[PDB]
Amino acid sequence: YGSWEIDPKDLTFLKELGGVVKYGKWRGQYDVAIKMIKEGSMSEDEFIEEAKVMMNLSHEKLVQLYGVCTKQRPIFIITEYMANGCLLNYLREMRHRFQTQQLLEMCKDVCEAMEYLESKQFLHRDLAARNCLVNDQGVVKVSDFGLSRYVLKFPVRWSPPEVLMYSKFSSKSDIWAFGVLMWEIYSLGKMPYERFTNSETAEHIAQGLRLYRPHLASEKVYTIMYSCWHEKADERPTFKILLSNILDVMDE
Ligand SMILES: CCC(=O)Nc1cccc(Nc2nc(Nc3ccc(OCCOC)cc3)ncc2F)c1
C-alpha cells in the first residue's frame, strides 16, 4: 500500500450515516467516516491521483482525508468523522436557538478553510451548507472540496453570472458561493431563492438582482455577504479579506 491507501481490513463498521456513508473505527481506536463509492458513479483513477494531493491539504477547518481503499469494488474514501452531521440539517434544527455570534463563528470556520484552499490555489467548486459538517464541539468544517470533478444537480443557486452564462470558474466563483453560504447560515438553512426554480434564479442573477438580508444578519454582516456577489468577478474580495471583515465584526 502507498501512503494514500488504507487497508480495508483495518476498518470496523459501526453505523450507517446516510452515500452509502458509514461511521467506523480504524485499527480499533480511531473514528472515521467511510464513504462507499457506487460503481460507475466516479472517475476513480482520476480521483485516486487527486487523493494523493488531497492527502497533503491539512487545516483544522477542513475535513481531513485519511486515505482511500482502492483494491476492490466498491472503493472507499476514508475521512474525518464529524459527529453532529451536515451543516444544513444542523441549521434547520430549531432546538439550537442559535445566537448570532454562533452563526458568525460558523462563517469564520468556513472562511478559514477557504482562505487555506485559496492559498493552495485549490477550488472547492461546490461550496454550500450541504457540503459542510459539524463536529462534537460545534466546529464547522468544509468537506468534499474538489470532488465534483470526478463525478460522472448543478448548483445554480450558488453560482455567479459568469458561471451560468459562460462556464467561467475561478477563485471568484468560490467567493460568490461563500456569500450564498453565509446567507444560508443566517437564514437558518433556507433554500436560496426559495420561491424560484433554478431557471428563474439564473435569470434573476443575470439581471443583476440578488438575495436580500436575512433577518438575523446585522447590516455589517449583510455587507460582507453582499460583497461576494459583485457582478464583476475581479471586484469580489479574497478569502483573506473576507476573514478580516468577519473578525472586525466579531470585535464590534
Ligand atoms: C446535508 C448533507 C448531508 O446530509 N451529507 C452527508 C450525510 C451523511 C454522511 C456524510 N458524510 C459524513 N458524515 C459525518 N458525520 C455524520 C454524522 C451524523 C449524521 O447523522 C445521521 C444523518 O441523519 C441523522 C450524518 C453524518 N462525518 C463525516 C462524513 F464524511 C454526509
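The residues of the chain are indexed from 1 along the displayed sequence. When a ligand or atom number is given, it counts from 1 through the structure's own listing order. Computed from heavy atoms alone, side chains included, the values below leave out hydrogens, waters and symmetry copies.
Looking at ligand 1, one finds the drug spebrutinib (bound form). The chain in largest contact with spebrutinib (bound form) bears the name, in UniProt, of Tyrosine-protein kinase BTK.
The heavy-atom binding site of spebrutinib (bound form) at 4.0 Å consists of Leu17, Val21, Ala33, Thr79, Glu80, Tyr81, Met82, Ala83, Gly85, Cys86, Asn89, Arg130, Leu133.
In this structure, chain A contacts spebrutinib (bound form) chiefly via UniProt domain Protein kinase. Set against the non-hydrogen atoms of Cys86, the atoms of spebrutinib (bound form) under 4.0 Å away are 1 (C), 2 (C), 3 (C), 4 (O), 5 (N). Counting the atoms of spebrutinib (bound form) from 1 in the order shown, those under 4.0 Å from a heavy atom of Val21 are 9 (C), 11 (N).
Under a 4.0 Å criterion applied to the non-hydrogen atoms of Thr79, spebrutinib (bound form) contributes the atoms 30 (F). Residue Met82 has at least one N or O atom closer than 3.5 Å to an N or O atom of spebrutinib (bound form).
Rounded to 1 Å, the minimal heavy-atom separation between spebrutinib (bound form) and the UniProt active site of chain A occurs at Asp126, 10 Å. Checked against UniProt, the dasatinib-binding residues of chain A with a heavy atom under 4.0 Å from spebrutinib (bound form) turn out to be: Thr79, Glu80, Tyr81, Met82.
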